[PDB]
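The next PDB entry has diflunisal among its components.
The sequence lines are lettered as chains in the order written, beginning with A. Residues 10-124, in that order, are what chain A shows, numbered as in the PDB entry. Shown for chain B, in order and in the PDB entry numbering: 10-124. Here chain C follows the PDB entry for its numbers: 10-124, in order, are the residues you see. To match the PDB entry, the residue numbers of chain D are left as they are there, and the shown ones run 10-124. Just so you know, ligand 1 is whichever comes first in the structure, and atom 1 is the first atom listed for that ligand. Keep in mind that the numbers below use all heavy atoms, side chains included, and drop hydrogens, waters and symmetry copies.
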There are 4 protein chains.
Amino acid sequence: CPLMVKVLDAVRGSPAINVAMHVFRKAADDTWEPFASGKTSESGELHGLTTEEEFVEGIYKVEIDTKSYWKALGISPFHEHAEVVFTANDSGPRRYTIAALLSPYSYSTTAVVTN
Amino acid sequence: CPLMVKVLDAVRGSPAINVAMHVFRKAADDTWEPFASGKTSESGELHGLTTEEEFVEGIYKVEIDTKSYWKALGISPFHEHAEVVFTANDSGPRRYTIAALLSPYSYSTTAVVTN
Amino acid sequence: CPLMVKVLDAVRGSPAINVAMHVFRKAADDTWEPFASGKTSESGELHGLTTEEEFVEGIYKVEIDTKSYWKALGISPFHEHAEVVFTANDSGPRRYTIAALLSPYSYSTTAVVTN
Amino acid sequence: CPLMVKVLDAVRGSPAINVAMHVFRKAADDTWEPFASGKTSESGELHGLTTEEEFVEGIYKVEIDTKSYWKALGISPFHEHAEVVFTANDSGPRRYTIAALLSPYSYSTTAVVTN
Ligand SMILES: O=C(O)c1cc(-c2ccc(F)cc2F)ccc1O
Ligand SMILES: O=C(O)c1cc(-c2ccc(F)cc2F)ccc1O
């Protein structure tokens, strides 16, 4: 599993469950092409987005639909979404864990990159 | 000054100086139109991006070139940039301060909305 | 003003106003001695904690009463308080700004050290 | 496992390995009594600090020795340690995951509380 995302809710102190996200890869013509998508599980985790063979060098974008998450809890948040944009695998294949911590007016994202 | 950005460096404990950023507004045709831009000052702050008459309701994107900042310090970063996307909505007088805290593999952004 | 504290509320996107905090300095006998205290202003800031002559090298602790802040808003928090412990060291002129970003189950603190 | 701690390094984008931490419980005489301690593993995790029977209602303090971690990497950091203080189990037994994200001049801590 070369790409995993974990999302946490800083207001309730819980995993952020059923959070949708879309992954894009920058194409040759400088456009964002859809690549994968899914929703976080009861543990706040989204696995199985891609495979080693499919996850080639490139620039990737993870767009996390934080607004729909907060609206479902009755909170009108600041951000439309949380976007993580990064170059992947340019020194060789790596495993990426993207962690996102959500508040209505704030978010933090961090990457753990292992071999 | 209805829109201000402040950027901080978590590795050196300093304002992040000379950080470039561009502000975009979502057009009717779902495209991002350039709106404003600048570089942070010695205090890590960018002022004067827009005016009250110009800063109307809409969806805005602030793209902060964090990668160029870390490259200038010789540090290898994860993110291509830090992106803040939000709807601006005047429910009464509102000033927006976007704060971004930068580390090579992590960033946090928060909005302070005042009257 | 060699030492300033700023506190922000990630749930409401506002300065955290009327937040009490105490500053302690580590004594020779490894005990915490009260040093300064106050409450944040309408801007979320606390100034005038100490002076240049008084703020000597040593180990300092800032204890921010985050629990009372969340209780005043009717929100159930995790932490008893947010604690920032640090050594102050003049290697040349140094001013310290401690920034704290508060959520009910999370807090972030950062130091900006300027000349 | 009622209490787990995970620590991440925001400069290297990796788990923070071999990070020491001590857990204290506030005693009847308002003193902090040592309770448990350990070091994070290669995954940045510390498990097995306590048991359900031992982890009674109370106020707990987790002191993470972040300074020794950064010094071992040749970085002089701002904080002496990262302290997480909280009331545990006052509505019944819970499982607590404490997550800490470390930078030389900043840290964030978050709690995930599950039944
Ligand atoms: O770790 C924090 O407490 C923190 C602090 C800031 C911040 C810093 C300095 C300042 F003048 C204003 C701020 F919002 C911005 C983001 C952030 O996460
Ligand atoms: O407050 C923090 O220290 C923090 C923690 C995480 C995080 C999330 C999930 C996880 F399994 C480990 C983490 F460190 C993600 C972001 C973050 O700011």
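The chain with the most heavy-atom contacts to diflunisal (ligand 1) in this structure is named in the PDB entry as Transthyretin.
With a cut-off of 4.0 Å on heavy atoms, the other chains touching diflunisal (ligand 1) are B, C.
Heavy-atom contacts of B:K15 reach the following atoms of diflunisal (ligand 1): 10 (C), 11 (F), 12 (C) (cutoff under 4.0 Å). Residue B:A108 approaches diflunisal (ligand 1) through these ligand atoms, each under 4.0 Å from one of its heavy atoms: 14 (F), 15 (C). With a 4.0 Å heavy-atom cut-off, diflunisal (ligand 1) is reached by the backbone of C:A109 but not by any atom from C-beta on. Taking every heavy atom of C:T119 and a limit of under 4.0 angstrom, the matching atoms of diflunisal (ligand 1) come to 1 (O), 2 (C). UniProt's L-thyroxine-binding annotation for chain C and the heavy-atom shell under 4.0 Å around diflunisal (ligand 1) share C:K15, C:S117.
The nearest protein atom to atom 7 (C) of diflunisal (ligand 1), hydrogens excluded, is given as B:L17 CD1, 3.6 Å; this is a heavy-atom distance. Any N or O atom pair closer than 3.5 Å counts here, and B:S117 shares no such pair with diflunisal (ligand 1).
Close approach to C:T118 involves these atoms of diflunisal (ligand 1), each under 4.0 Å from a residue heavy atom: 1 (O), 3 (O). Near C:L110, the atoms of diflunisal (ligand 1) lying under 4.0 angstrom from a non-hydrogen atom of the residue are 2 (C), 3 (O), 18 (O).
Structurally, no covalent attachment point of diflunisal (ligand 1) is modeled. Lab note: binding site of diflunisal (ligand 1), heavy atoms under 4.0 Å, is B:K15, B:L17, B:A108, B:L110, C:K15, C:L17, C:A108, C:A109, C:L110, C:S117, C:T118, C:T119.
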